[PDB]
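Next up: a structure with L-thyroxine.
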Amino acid sequence: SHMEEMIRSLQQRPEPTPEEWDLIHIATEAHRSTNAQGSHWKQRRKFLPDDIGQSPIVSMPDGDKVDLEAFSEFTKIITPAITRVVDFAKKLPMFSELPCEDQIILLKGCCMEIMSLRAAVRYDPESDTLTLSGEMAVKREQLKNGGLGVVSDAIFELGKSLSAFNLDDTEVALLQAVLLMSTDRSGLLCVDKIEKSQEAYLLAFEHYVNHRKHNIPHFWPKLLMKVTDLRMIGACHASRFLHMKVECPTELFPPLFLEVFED
Ligand SMILES: N[C@@H](Cc1cc(I)c(Oc2cc(I)c(O)c(I)c2)c(I)c1)C(=O)O
Ligand SMILES: N[C@@H](Cc1cc(I)c(Oc2ccc(O)c(I)c2)c(I)c1)C(=O)O
């Protein structure tokens, strides 16, 4: 119609359908309601003390040693952070309608990917820190030494790079949904359903990106490349975590931390 043509005049690229907009809205709100500190994170965060995370003392196979005190500080707050990812997932209809066993598998498969993304979008250029759970600002060396090793470098590099993308809450939520609904995991029942859900999120996401009209060229494939980086972060973390478990006693690991990663 004439009105449609008028408001779509400066559009070319496909916009979200009314169905995709519903999908987009639910995911955005699921993220906002489970994202710690919302928009008050820069005012509310406190820095991890500088005398913490300077003393790596416990050996690891790759030679990046672990600072036990720093490791303790990070794990003290990891349980509520993991809980929030589960809270997010539970709010997506396509996730909550899966068999319980599939839900657990998907959560374990994407948990580090999502937490790292949530840290990375709160990279702060002026202090050169990430913010963990919207409350702990950490430096590169601290997060490296407290257990993550080279995984810390990778997350900081992602966070630095994401600054120019100016992602909004919707874009973050949709990245999360895409990470969540992956079938690259063993033991899933509803493979086809999970893939169709990921495809629906991906297409809504591509269309939302069109709607946003970012200033950066080639935005969509650039963001897809970031998904691959998050995947590699997740994989490096899974490997390092196995090593952590070999080196350190169970008592240093919160129960939920072990459960999500012990796979
Ligand atoms: N179900 C899939 C969906 C998915 C497919 C592709 I195709 C893709 O894009 C790339 C780009 C490069 I470069 C790669 O090396 C790889 I591997 C994937 C991405 I991002 C995600 C999944 O959950 O991953
Ligand atoms: N910032 C996120 C939550 C978040 C919390 C923590 I503690 C993080 O550090 C980790 C993660 C895995 C580890 O094995 C170790 I040792 C440290 C990261 I990276 C992210 C949010 O806002 O939800």
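Numbers here simply count residues along the sequence, with the first being 1. These values consider heavy atoms only, across backbone and side chains, with no hydrogens, waters or symmetry-generated copies. Read the numbers this way: they start at 1 and go in the same order the structure lists the ligands and their atoms.
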Drug placement: L-thyroxine: ligand 1
Most-contacted chain for L-thyroxine, named by the PDB entry: Thyroid hormone receptor alpha
Please report whether atom 22 (C) of L-thyroxine has a protein non-hydrogen atom at a separation of less than 4.0 Å. yes
Which heavy atom of the protein is the closest neighbour of atom 20 (I) of L-thyroxine, given with residue, atom name and distance? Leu224 O, 3.2 Å
Hey, is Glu195 touching L-thyroxine through its side chain, its backbone, both or neither, going by heavy atoms under 4.0 Å? side chain
Quick check on atom 5 (C) of L-thyroxine - does any protein heavy atom sit closer than 4.0 Å to it? no
Give the residue, atom name and distance (to 0.1 Å) of the protein heavy atom nearest atom 10 (C) of L-thyroxine. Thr228 OG1, 4.0 Å
By number and element, which atoms of L-thyroxine are closer than 4.0 Å to a non-hydrogen atom of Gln198? 1 (N), 2 (C), 3 (C), 22 (C), 23 (O)
Extract the source organism field for chain A from the entry. Homo sapiens
Numbering as shown, the atoms of L-thyroxine that approach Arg231 to under 4.0 Å (heavy-atom distance): 22 (C), 23 (O), 24 (O)
Is_contact(atom 1 (N) of L-thyroxine), protein non-hydrogen, under 4.0 Å: yes
Counting each atom of L-thyroxine from 1 as listed, which ones have a heavy atom of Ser182 under 4.0 Å away? 23 (O)
What is the residue list for the binding site of L-thyroxine, using non-hydrogen contacts under 4.0 Å? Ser182, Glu195, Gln198, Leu224, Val227, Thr228, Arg231
